[PDB]
Trainee: 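Below is a structure containing rapamycin. Please help me interpret it.
The chains referred to below are lettered A, B, ... by the order of the sequence lines, with proteins before strands, and numbering in each begins at 1. Values below: every heavy atom of this structure, side chains too, minus hydrogens, waters and symmetry copies. In listed order, ligands and their atoms are each counted from 1.
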Amino acid sequence: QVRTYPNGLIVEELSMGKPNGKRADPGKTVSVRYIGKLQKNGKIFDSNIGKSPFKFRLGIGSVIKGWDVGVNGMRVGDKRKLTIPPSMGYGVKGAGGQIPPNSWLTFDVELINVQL
Amino acid sequence: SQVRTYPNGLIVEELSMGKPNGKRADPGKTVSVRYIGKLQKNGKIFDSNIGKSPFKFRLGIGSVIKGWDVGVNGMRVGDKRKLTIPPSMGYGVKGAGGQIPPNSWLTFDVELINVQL
Ligand SMILES: CO[C@H]1C[C@@H]2CC[C@@H](C)[C@@](O)(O2)C(=O)C(=O)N2CCCC[C@H]2C(=O)O[C@H]([C@H](C)C[C@@H]2CC[C@@H](O)[C@H](OC)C2)CC(=O)[C@H](C)/C=C(\C)[C@@H](O)[C@@H](OC)C(=O)[C@H](C)C[C@H](C)/C=C/C=C/C=C/1C
Ligand SMILES: CO[C@H]1C[C@@H]2CC[C@@H](C)[C@@](O)(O2)C(=O)C(=O)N2CCCC[C@H]2C(=O)O[C@H]([C@H](C)C[C@@H]2CC[C@@H](O)[C@H](OC)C2)CC(=O)[C@H](C)/C=C(\C)[C@@H](O)[C@@H](OC)C(=O)[C@H](C)C[C@H](C)/C=C/C=C/C=C/1C
């Protein structure tokens, strides 16, 4: 299904993982596969398909706010689409070469593991 | 004259001379730069903001890798430098994902666009 937030964040469950999938909660280290796109033109700026999974501690601001919120509650094998407003990404200013000012971002994220 | 080395292995080379009285990147000032970043061992460019909005940071507070805090210091607007940055002054043993492996030397070309205060 779909959840929207008043700030414009959209979190869509694309597919469910197996029933026994470990759950991602704040403070857990998680491993994910992702494809990241600029929402304005569908240009893919990064993916780790065919690469080592991306590991981070959920809920500590290591990653953009849209990920901390959007990955929370995933179970192993779940895939979500996150449609992230600038305020939950890199803001008005944008970021480096990769992210223009005022960028809406779309990520497809698959939860690979959770360290309980 | 136009190359300086540091005991940690950093090399700072002046590529281009900007404005003679151009505002100077001094510690504690917010500075705006254009850059190209390359993995030295295979010459793979991992990022650049050339032709895009400049990158702003506060110099000398550890918000960026050590090689930048040291290497950008003293630039004047319009200057360009090449930084040859050892792992200890970059991403060290951990690296930065697959694009920047453990124990990687980095090279950056950096151009100073502006200094605020
Ligand atoms: C080469 O590839 C990059 C990732 C690239 C950069 C460019 C962007 C387009 C992108 O392609 O990822 C991208 O797809 C993206 O936007 N990502 C990556 C996947 C998670 C979501 C998002 C993100 O938040 O990235 C992150 C985004 C760019 C920066 C953060 C945004 C939120 C903000 O609160 C944070 O403040 C801290 C900074 C990058 C990361 O996920 C990496 C892992 C983490 C950090 C750098 C910070 O958390 C830092 O905080 C001190 C740390 O704790 C780290 C471990 C310290 C060590 C030395 C540095 C490691 C650096 C690794 C860098 C990696 C693999
Ligand atoms: C999307 O693009 C990324 C930049 C990418 C990430 C991946 C690397 C390959 C790279 O492509 O840049 C790259 O070319 C690179 O290596 N850079 C960027 C240009 C400066 C030199 C170097 C660097 O130090 O990056 C930095 C490197 C990855 C991490 C730092 C390395 C030194 C270490 O001491 C720091 O510990 C603290 C962490 C990223 C940055 O320059 C950004 C600005 C700074 C931070 C995230 C931290 O300082 C953080 O700590 C709380 C902050 O104080 C910030 C301001 C808080 C706000 C909310 C977050 C802003 C996030 C911006 C993210 C940006 C533009």
Trainee: In this PDB structure, which macromolecule forms the chief contact with rapamycin (ligand 1), named as in UniProt?
Mentor: Peptidyl-prolyl cis-trans isomerase FKBP53
Trainee: Tell me which other chains have a heavy atom under 4.0 Å from rapamycin (ligand 1).
Mentor: A, B
Trainee: Specify the protein heavy atom at minimum distance from atom 58 (C) of rapamycin (ligand 1): its residue, its atom name, and the distance to 0.1 Å.
Mentor: B:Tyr91 CD2, 4.2 Å
Trainee: B:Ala96 heavy atoms, cut-off 4.0 Å: which rapamycin (ligand 1) atoms fall inside?
Mentor: 1 (C), 61 (C), 62 (C), 63 (C), 65 (C)
Trainee: Mark up the atoms of rapamycin (ligand 1) that fall under 4.0 Å of a heavy atom belonging to A:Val63, in ascending order.
Mentor: 20 (C), 24 (O), 32 (C), 41 (O)
Trainee: Can you tell me if A:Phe56 has a non-hydrogen atom under 4.0 Å from rapamycin (ligand 1)?
Mentor: no
Trainee: Please list, in number order, the atoms of rapamycin (ligand 1) under 4.0 Å from a heavy atom of A:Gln98.
Mentor: 9 (C)
Trainee: Report the part of A:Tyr34 (side chain from C-beta onward, or backbone N, CA, C, O) that has a heavy atom under 4.0 Å from rapamycin (ligand 1); answer both or neither where that applies.
Mentor: side chain
Trainee: Which single UniProt domain of chain A covers most of the interface with rapamycin (ligand 1)?
Mentor: PPIase FKBP-type
Trainee: Looking only at heavy atoms, is any part of A:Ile64 under 4.0 Å from rapamycin (ligand 1), and if so is it the side chain, the backbone, or both, or is it neither?
Mentor: both
Trainee: Report the part of B:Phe46 (side chain from C-beta onward, or backbone N, CA, C, O) that has a heavy atom under 4.0 Å from rapamycin (ligand 1); answer both or neither where that applies.
Mentor: neither
Trainee: Check rapamycin (ligand 1) against A:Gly61 and write out every atom of the ligand that is under 4.0 Å from a heavy-atom position of the residue.
Mentor: 32 (C), 33 (C), 34 (O), 35 (C), 36 (O)
Trainee: Can you check which residues touch rapamycin (ligand 1) if I set the heavy-atom cut-off to 4.0 Å?
Mentor: A:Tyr34, A:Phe45, A:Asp46, A:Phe54, A:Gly61, A:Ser62, A:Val63, A:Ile64, A:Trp67, A:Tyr90, A:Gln98, A:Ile99, A:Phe107, B:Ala96, B:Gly97
